[PDB]
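Section: structure with tacrolimus.
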Protein chains: 2
Amino acid sequence: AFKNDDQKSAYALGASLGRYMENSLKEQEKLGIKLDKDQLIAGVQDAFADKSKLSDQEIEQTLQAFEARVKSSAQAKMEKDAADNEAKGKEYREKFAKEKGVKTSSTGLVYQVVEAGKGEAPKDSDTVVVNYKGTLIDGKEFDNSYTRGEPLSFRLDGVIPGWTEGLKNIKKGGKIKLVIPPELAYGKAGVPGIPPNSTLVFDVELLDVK
Amino acid sequence: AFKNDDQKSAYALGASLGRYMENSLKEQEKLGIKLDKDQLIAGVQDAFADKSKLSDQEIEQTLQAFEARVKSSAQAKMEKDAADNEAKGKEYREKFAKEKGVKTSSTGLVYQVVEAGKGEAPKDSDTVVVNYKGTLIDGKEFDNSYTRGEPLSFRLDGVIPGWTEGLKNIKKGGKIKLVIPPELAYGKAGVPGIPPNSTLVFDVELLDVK
Ligand SMILES: C=CC[C@@H]1/C=C(\C)C[C@H](C)C[C@H](OC)[C@H]2O[C@@](O)(C(=O)C(=O)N3CCCC[C@H]3C(=O)O[C@H](/C(C)=C/[C@@H]3CC[C@@H](O)[C@H](OC)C3)[C@H](C)[C@@H](O)CC1=O)[C@H](C)C[C@@H]2OC
Ligand SMILES: C=CC[C@@H]1/C=C(\C)C[C@H](C)C[C@H](OC)[C@H]2O[C@@](O)(C(=O)C(=O)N3CCCC[C@H]3C(=O)O[C@H](/C(C)=C/[C@@H]3CC[C@@H](O)[C@H](OC)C3)[C@H](C)[C@@H](O)CC1=O)[C@H](C)C[C@@H]2OC
């Protein structure tokens, strides 16, 4: 294929800009914003060959207005998701908390011990070894150590408060379901894969405490 | 001929990215690196269609090596420039030093007293106030105090050695032309606006010694 570097590196540098444009389009689609892909490419080709059909001022201004649109659309969507997820989350916890075997701690953490396990109570400075499954209240799975490949280890005080607190309710060999409010998890900001004010549901198997 | 925002903003976004690429390639060009632009647009299109001939891993691998080639070529070019200026500067100094009224000091500073001035000469702990104009040997002006509408003040011992020494050759009210070898100036590394091993030409007026 590639005869050498002025070729290989060029293609890579280009592939990388492609990649980047696809990723970018992917975030705009979250907001219902769909740019014309043929035009996006034509602009790239035109510029790369110095034949842009828009002046530098028209480019500056068009981008300026477009990025105001994106930010203004993303902000509104964050705001609405935050409020929606806070209320749906609350309702969800309230319903689940009333069920048999389910408990609510003084912090608002809602949990269901499935297997107590046996051994020492995990403490903040312990390293726990776990398998887990993490999903949003709507059933969307966001994390799964099982399909990731191996049991994960961490310091108990290095994880979110919902976990630091929850795992203390069981021992090695145990299993618990944690239903965690955003204020004991990722809050209003959320993190990639976790929307604002998200209540999280984890099914955790505690393999070791060391 | 854009009909709508999804069309115009997309073109704009593309043109802006492609212009960014072209600007980086232009810098690569100053170093003798001229990427194959047909392959570059091939990568853009292929990755855009999710058919990059390079995997994400290969892309990253290719660009790391490419990045190493650029830096290495950047260094080679500073080295060639260092050698070229050193030589060109030595010739320029040699020719000028033979002219009527020009002197060469023991350190290799070449200078021409235009007006002796009158009063004390600058000594090491002293402060001097000067107007000056600095140019590279080809005539490009890198600094001109006259344009700030005010002279410059500094400690004689706080400046490059060619000035520290050179100004001891005149007195308050004097003028002198200093032709300074790189080793009494910014040396092989230079500074922004002053290339490697540049010989500097300064026209100085000494206003005060205090
Ligand atoms: C940047 C370094 C990467 C580094 C990545 C790893 C070692 C891999 C590790 C298996 C994480 C998973 O990666 C595949 C993935 O697991 C999640 O999907 C998840 O199920 C989860 O919620 N878990 C994992 C299990 C314990 C509860 C919790 C957590 O406490 O996770 C912790 C977490 C993110 C705490 C933040 C820390 C920042 C604070 O500001 C914030 O405070 C609000 C809380 C994890 C252990 C971090 O400490 C360590 C890291 O982040 C997150 C949704 C995102 C996370 O990927 C990043
Ligand atoms: C708050 C005060 C900070 C103050 C910062 C500024 C005003 C910088 C500002 C942009 C304009 C500078 O000039 C006003 C400008 O001056 C040049 O254009 C120039 O014509 C020059 O070569 N000059 C100026 C006149 C005397 C000769 C000489 C010099 O010796 O300059 C001196 C110098 C740089 C000494 C270094 C000291 C460290 C040594 O290690 C090095 O030795 C290698 C030499 C100057 C006087 C410093 O004392 C002044 C300062 O520090 C340089 C090409 C680049 C330099 O800007 C970067």
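Chain letters run alphabetically, one per sequence line, in listed order. Chain A is numbered as in the PDB entry, which gives 15-224 for the residues shown. The PDB entry numbering applies to chain B: residues 15-224, in that order. Excluded from the calculations below are hydrogen atoms, water molecules and symmetry mates; all remaining heavy atoms, backbone and side chain alike, are included. Counting starts at 1 for both ligands and their atoms, following the listed order.
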So, about tacrolimus - where is that in the structure, copies and all? ligands 1 and 2
Tell me which macromolecule has the most close contacts with tacrolimus (ligand 2), using the naming in the PDB entry. FKBP-type peptidyl-prolyl cis-trans isomerase fkpA
Which other chains have one or more heavy atoms under 4.0 Å from any atom of tacrolimus (ligand 2)? B
Within reach of tacrolimus (ligand 2), part of B:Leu214 (heavy-atom separation under 4.0 Å): neither
Most of the contacts with tacrolimus (ligand 2) on chain B come from which UniProt domain? PPIase FKBP-type
Do any nitrogen or oxygen atoms of B:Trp177 come within less than 3.5 Å of a nitrogen or oxygen of tacrolimus (ligand 2)? no
Counting only non-hydrogen atoms of the protein, does one fall under 4.0 Å from atom 27 (C) of tacrolimus (ligand 2)? yes
Measure B:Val173 to tacrolimus (ligand 2) on non-hydrogen atoms and call it side chain, backbone, both or neither using the 4.0 Å cut-off. both
Are any non-hydrogen protein atoms located under 4.0 Å from atom 17 (C) of tacrolimus (ligand 2)? yes
Look at atom 7 (C) of tacrolimus (ligand 2) and say whether a protein heavy atom is found at less than 4.0 angstrom from it. no
So for tacrolimus (ligand 2), is B:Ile208 a polar contact partner (N or O within less than 3.5 Å, distance only)? no
Considering all protein heavy atoms, does one lie under 4.0 Å from atom 10 (C) of tacrolimus (ligand 2)? no
Min heavy-atom dist B:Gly172 to tacrolimus (ligand 2) below 4.0 Å: yes
Atoms of tacrolimus (ligand 2) close to B:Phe156 [distance to a heavy atom under 4.0 angstrom, numbered from 1]: 20 (O)
Got an N/O contact under 3.5 Å between B:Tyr200 and tacrolimus (ligand 2)? yes
Looking at atom 53 (C) of tacrolimus (ligand 2), tell me if a protein heavy atom falls under 4.0 Å from it. yes
4.0 Å protein heavy-atom contact status of atom 56 (O) of tacrolimus (ligand 2), strictly under: no
Where tacrolimus (ligand 2) meets B:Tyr146 - atom numbers and elements under 4.0 angstrom, heavy-atom basis: 13 (O), 14 (C), 20 (O), 24 (C), 25 (C)
In this structure, which residues build the binding site of tacrolimus (ligand 2) when a heavy-atom cut-off of 4.0 Å is applied? B:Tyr146, B:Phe156, B:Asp157, B:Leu166, B:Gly172, B:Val173, B:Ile174, B:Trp177, B:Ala199, B:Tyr200, B:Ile208, B:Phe216
